[PDB]
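Figure: structure with dactinomycin.
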Number of protein chains: 2
Amino acid sequence: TXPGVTXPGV
Amino acid sequence: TXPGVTXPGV
DNA sequence: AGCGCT
DNA sequence: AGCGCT
């Protein structure tokens with residue numbers, strides 16, 4: 001996720 | 001990806 | 001440090 | 001079987 005905690009997605 | 005080869009994303 | 005399958 | 005970081 002994020003970043004942080006990519007996306008989703010990308 | 002896909003599925004197959006989710007998304008991205010989800 | 002944390003998303004989702006056919 | 002295959003996406004992407006700050």
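Here is the naming used below: chain letters follow the sequence lines, and residue numbers restart at 1 for every chain. Structure determined by solution NMR. FYI, non-standard residues read as parent or X, and their leftover atoms are not counted in contacts.
Here, the model contains dactinomycin as chains A and B.
Other chains with one or more heavy atoms under 4.5 Å from any atom of dactinomycin (chain A): B, C, D.
The name that the PDB entry gives to chain B is actinomycin D.
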